[PDB]
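23S rRNA, liganded with retapamulin.
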Amino acid sequence: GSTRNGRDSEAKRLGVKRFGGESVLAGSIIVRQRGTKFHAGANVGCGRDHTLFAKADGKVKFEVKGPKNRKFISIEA
Amino acid sequence: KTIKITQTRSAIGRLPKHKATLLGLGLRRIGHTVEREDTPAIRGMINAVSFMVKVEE
RNA sequence: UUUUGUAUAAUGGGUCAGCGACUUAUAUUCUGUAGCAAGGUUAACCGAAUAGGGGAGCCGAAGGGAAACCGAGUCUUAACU
RNA sequence: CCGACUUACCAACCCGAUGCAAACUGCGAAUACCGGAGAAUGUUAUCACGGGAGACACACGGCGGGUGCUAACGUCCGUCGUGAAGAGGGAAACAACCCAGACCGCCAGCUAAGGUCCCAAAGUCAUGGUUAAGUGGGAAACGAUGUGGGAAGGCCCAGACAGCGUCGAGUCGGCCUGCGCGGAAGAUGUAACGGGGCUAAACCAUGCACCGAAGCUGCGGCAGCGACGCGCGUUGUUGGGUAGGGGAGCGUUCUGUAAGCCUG
RNA sequence: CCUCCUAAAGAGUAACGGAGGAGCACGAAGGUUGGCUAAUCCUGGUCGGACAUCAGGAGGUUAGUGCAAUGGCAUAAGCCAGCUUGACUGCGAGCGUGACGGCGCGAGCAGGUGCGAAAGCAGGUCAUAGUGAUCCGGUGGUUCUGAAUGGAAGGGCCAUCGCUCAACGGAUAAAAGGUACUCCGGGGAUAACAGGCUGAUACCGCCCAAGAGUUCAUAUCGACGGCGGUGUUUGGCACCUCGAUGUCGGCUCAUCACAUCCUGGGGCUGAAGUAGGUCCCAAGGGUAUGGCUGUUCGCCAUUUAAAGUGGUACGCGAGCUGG
RNA sequence: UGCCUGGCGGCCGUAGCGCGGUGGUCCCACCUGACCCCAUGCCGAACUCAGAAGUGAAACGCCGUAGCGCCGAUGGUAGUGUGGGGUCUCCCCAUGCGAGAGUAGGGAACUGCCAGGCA
Ligand SMILES: C=C[C@]1(C)C[C@@H](OC(=O)CS[C@H]2C[C@H]3CC[C@@H](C2)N3C)[C@]2(C)[C@H](C)CC[C@]3(CCC(=O)[C@H]32)[C@@H](C)[C@@H]1O
Ligand SMILES: [K+]
Ligand SMILES: [K+]
Ligand SMILES: [K+]
Ligand SMILES: [K+]
Ligand SMILES: [K+]
Ligand SMILES: [K+]
Ligand SMILES: [K+]
Ligand SMILES: [K+]
Ligand SMILES: [K+]
Ligand SMILES: [K+]
Ligand SMILES: [K+]
Ligand SMILES: [K+]
Ligand SMILES: [K+]
Ligand SMILES: [K+]
Ligand SMILES: [K+]
Ligand SMILES: [K+]
Ligand SMILES: [K+]
Ligand SMILES: [K+]
Ligand SMILES: [K+]
Ligand SMILES: [K+]
Ligand SMILES: [K+]
Ligand SMILES: [K+]
Ligand SMILES: [K+]
Ligand SMILES: [Mg+2]
Ligand SMILES: [Mg+2]
Ligand SMILES: [Mg+2]
Ligand SMILES: [Mg+2]
Ligand SMILES: [Mg+2]
Ligand SMILES: [Mg+2]
Ligand SMILES: [Mg+2]
Ligand SMILES: [Mg+2]
Ligand SMILES: [Mg+2]
Ligand SMILES: [Mg+2]
Ligand SMILES: [Mg+2]
Ligand SMILES: [Mg+2]
Ligand SMILES: [Mg+2]
Ligand SMILES: [Mg+2]
Ligand SMILES: [Mg+2]
Ligand SMILES: [Mg+2]
Ligand SMILES: [Mg+2]
Ligand SMILES: [Mg+2]
Ligand SMILES: [Mg+2]
Ligand SMILES: [Mg+2]
Ligand SMILES: [Mg+2]
Ligand SMILES: [Mg+2]
Ligand SMILES: [Mg+2]
Ligand SMILES: [Mg+2]
Ligand SMILES: [Mg+2]
Ligand SMILES: [Mg+2]
Ligand SMILES: [Mg+2]
Ligand SMILES: [Mg+2]
Ligand SMILES: [Mg+2]
Ligand SMILES: [Mg+2]
Ligand SMILES: [Mg+2]
Ligand SMILES: [Mg+2]
Ligand SMILES: [Mg+2]
Ligand SMILES: [Mg+2]
Ligand SMILES: [Mg+2]
Ligand SMILES: [Mg+2]
Ligand SMILES: [Mg+2]
Ligand SMILES: [Mg+2]
Ligand SMILES: [Mg+2]
Ligand SMILES: [Mg+2]
Ligand SMILES: [Mg+2]
Ligand SMILES: [Mg+2]
Ligand SMILES: [Mg+2]
Ligand SMILES: [Mg+2]
Ligand SMILES: [Mg+2]
Ligand SMILES: [Mg+2]
Ligand SMILES: [Mg+2]
Ligand SMILES: [Mg+2]
Ligand SMILES: [Mg+2]
Ligand SMILES: [Mg+2]
Ligand SMILES: [Mg+2]
Ligand SMILES: [Mg+2]
Ligand SMILES: [Mg+2]
Ligand SMILES: [Mg+2]
Ligand SMILES: [Mg+2]
Ligand SMILES: [Mg+2]
Ligand SMILES: [Mg+2]
Ligand SMILES: [Mg+2]
Ligand SMILES: [Mg+2]
Ligand SMILES: [Mg+2]
Ligand SMILES: [Mg+2]
């Protein structure tokens, strides 16, 4: 007859906006994410929704770093 | 060195990327022979559409 | 004709002849073309006058601001890097 | 107040083995996507802005899936192809499959898919095999000394196997595999190769011929776009199209040109 | 509106697909400084037990997160305390995401502030739901405007308030039904009939053989399961027909299939005979009348060698009937 | 220049555990006391301060040792882009890419700056 499902939320367009080696202007969003899947490295800020954004003009650099092998995003300015 | 490349089959029904490659080689129709420089870039194009071109080398 | 798709057993037409469907007015924008050009153009009307007169107006040469207002600036803001 | 033996016994944790997962992941591709660089090639194929739209019923096929019965020529997504809006050749006939994109003409040529005994264009082609079922040319579990190939065994002239010690040569049944057989009943008429017919004219392998399209080439012609030269030449390339956009024309009636011009 | 999966390792991606949540909460549950680290179990211990609190150890986040799910989180984003109001005002390089309206992220600048010795951090909260355009009107501020002039009214601007407008891009401030008395424009874009595709279901075969059959699976039957065939019931789908493809049953007239009811041939039998059972071959011909009911069917009566089963637009209304 | 110790990094398990040693001159640790500075939702346990008699017991560092964790070929397998094929619910062929798991094996980290002790 009827079903109790049939709901879903709008897709949030998360994920990587600027990949490795891409030249960005300061302020450019590099990744939108839920929590810190990626962490802010050098010249990268972490917004209130865990958005990583460039704090300097330069090139995006993904790196695995530290004792937990966490993924950091940096900007090579 | 230059290589002669002849188109042997139709582009009709081929993938867009394959049509783009034939355009990249400058092949216009079945039987059209073009003379191109033997470079890795040209060889990769041939490789991508090797089923529908013949290389005389 | 309509359709994803019609020989279709979907639609329409018995045939011929004649008639039968994107117009007209005004406004507005764009294009072309012609005139004149930081100007362009007149409306009613007058004029027997397609002339000539009539520049009332309209558009343009300045914008910004809700506005007062300021003005190659202006608004925003107590003030802008 | 307790305890102690005790179980057809039911048993968590932990340990060792075994699987399973769209909403599991201590792993993790191919692809795809984003960015950078470099050639060649491509009628700028790109982006922006402005004039004009149409369209917002899609269909099938392939691949990845949800749903459904991994039912539907079903339904709903993703992605590519074709149809739509695409003729030609093939698939008997057959939008959507295969081949292939029709500017025009030719009583030239070469090919594609697909074919070559007759209908019907081209091999009654070659070589080696398989099938005997018209299998080919509809159908499963399963059944069976059909028949071909391969590897390996048991037993055997100290006589095996079958028949009745005799008898003198092989016998026995598993394995893997090729092709067949049964399983296999439907309604107008053969009617489940398109038909004739076929024992290859079937199937497999190999090879060389040929046929075969509106594909390609040849010859002649027309037009669009772009170069490079001086509207002309030379040269490159393009010309299937519905909605629809753009360009250029034909003819009709009427007005001027026209008291002209044609007309008993 | 949010979260996951479907979703094909960028984004996005449908279904009356599979699962759950939201329409808030919080002046601390916000800011900052300083500090801290979980579940669970084992051993011991007043009451005290499986589980309270205490002590030690094992363990290592298997906890926790104001509330779903996912992704995060130890430098914790988790837990505790001090001081606080950055849950600041004006702006904003740049970027994400949207058809748009919008929505989001944001360093930095100015002013003023909190916490910290300081570097610093703070424009709410681990993040992602907790929402409502415009109009109309309300309240406070602001001489911006003020229809002769000065005022004022009203308007503007800034701040803010009023919607389960939840059918949530929100037709109106304000709205239920009937039509077999019906009507128009349309559609085979879409149902009812028949056809088609399909074959779950149905019907008919077959495979395995537990077992029943005194004994004995296979005379006969065939549990648990397995594989097909037909197009044949109930359905699924919506491809043909809505500028009409007349419909149940009967009557008349049929025609084909064979899965055979009778008659014909045959094997097996748990076949003495008679008469059966079962299977194979066989479609030549044959194959009830009545009672009841619109019935088809069915039950009943009485026949018959038998009273077959199906297909044919559930054969047959330009052939009849009209229950 | 070697050996030891401390601090701060690189790196983020070949680097971590376990298990057997081993070190006190120096350094480190525990340690010794607390009217003090500061501290305990109780407690000088911690934090903090004033110290140096004692011990390396614990911890810590170092060394050894595969029982683990960890790393890990080669080959094969799975998957898969493109093209092609079949008996098409699934496969196969050509070509390109090629895991995961497991196997052999590796494996008791390595390294920069500064300071101090010793030789
Ligand atoms: C009018 C249509 C009729 C004569 C009858 C029709 O039956 C119906 O449509 C049932 S509704 C019924 C039909 C007529 C007209 C009004 C009233 C209602 N009643 C007297 C009926 C049985 C079908 C169900 C639909 C298709 C039909 C063709 C074939 C068929 O069996 C017909 C149509 C196309 C036919 O023209
Ligand atoms: K960006
Ligand atoms: K139609
Ligand atoms: K009709
Ligand atoms: K106009
Ligand atoms: K003009
Ligand atoms: K400005
Ligand atoms: K598809
Ligand atoms: K096409
Ligand atoms: K045959
Ligand atoms: K707080
Ligand atoms: K500030
Ligand atoms: K609505
Ligand atoms: K009404
Ligand atoms: K059967
Ligand atoms: K028996
Ligand atoms: K109809
Ligand atoms: K009949
Ligand atoms: K019998
Ligand atoms: K008969
Ligand atoms: K009918
Ligand atoms: K009737
Ligand atoms: K009729
Ligand atoms: K009649
Ligand atoms: Mg989501
Ligand atoms: Mg880390
Ligand atoms: Mg239709
Ligand atoms: Mg046709
Ligand atoms: Mg038809
Ligand atoms: Mg017709
Ligand atoms: Mg006809
Ligand atoms: Mg019609
Ligand atoms: Mg007609
Ligand atoms: Mg102005
Ligand atoms: Mg629509
Ligand atoms: Mg649509
Ligand atoms: Mg679609
Ligand atoms: Mg599919
Ligand atoms: Mg469909
Ligand atoms: Mg399908
Ligand atoms: Mg159409
Ligand atoms: Mg065609
Ligand atoms: Mg054709
Ligand atoms: Mg044909
Ligand atoms: Mg030839
Ligand atoms: Mg011939
Ligand atoms: Mg021969
Ligand atoms: Mg046959
Ligand atoms: Mg067979
Ligand atoms: Mg027949
Ligand atoms: Mg030809
Ligand atoms: Mg041609
Ligand atoms: Mg063409
Ligand atoms: Mg054309
Ligand atoms: Mg005239
Ligand atoms: Mg995605
Ligand atoms: Mg993807
Ligand atoms: Mg889409
Ligand atoms: Mg906090
Ligand atoms: Mg909080
Ligand atoms: Mg939260
Ligand atoms: Mg109003
Ligand atoms: Mg006044
Ligand atoms: Mg007044
Ligand atoms: Mg709505
Ligand atoms: Mg009507
Ligand atoms: Mg339809
Ligand atoms: Mg029907
Ligand atoms: Mg049906
Ligand atoms: Mg449909
Ligand atoms: Mg029909
Ligand atoms: Mg009609
Ligand atoms: Mg029979
Ligand atoms: Mg007969
Ligand atoms: Mg006879
Ligand atoms: Mg009767
Ligand atoms: Mg009937
Ligand atoms: Mg009948
Ligand atoms: Mg009648
Ligand atoms: Mg009739
Ligand atoms: Mg009646
Ligand atoms: Mg102490
Ligand atoms: Mg010790
Ligand atoms: Mg590996
Ligand atoms: Mg060790």
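So you know, we letter chains A, B, ... as the sequences are listed, proteins then strands, and number each from 1. A fraction of the deposited model is presented, and contact counting is confined to that fraction. What's counted below: heavy atoms across the whole structure, side chains too, no hydrogens, waters or symmetry copies. Atoms within a ligand are numbered from 1 in the order they appear, just like the ligands themselves.
Here, the model contains retapamulin as ligand 1. Other chains having non-hydrogen atoms less than 4.0 Å from retapamulin: E.
According to the deposit, the organism of RNA chain E is Escherichia coli BW25113.
Within 4.0 Å of retapamulin, judged by non-hydrogen atoms, the site holds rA192(E), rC193(E), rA244(E), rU245(E), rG246(E), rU247(E).
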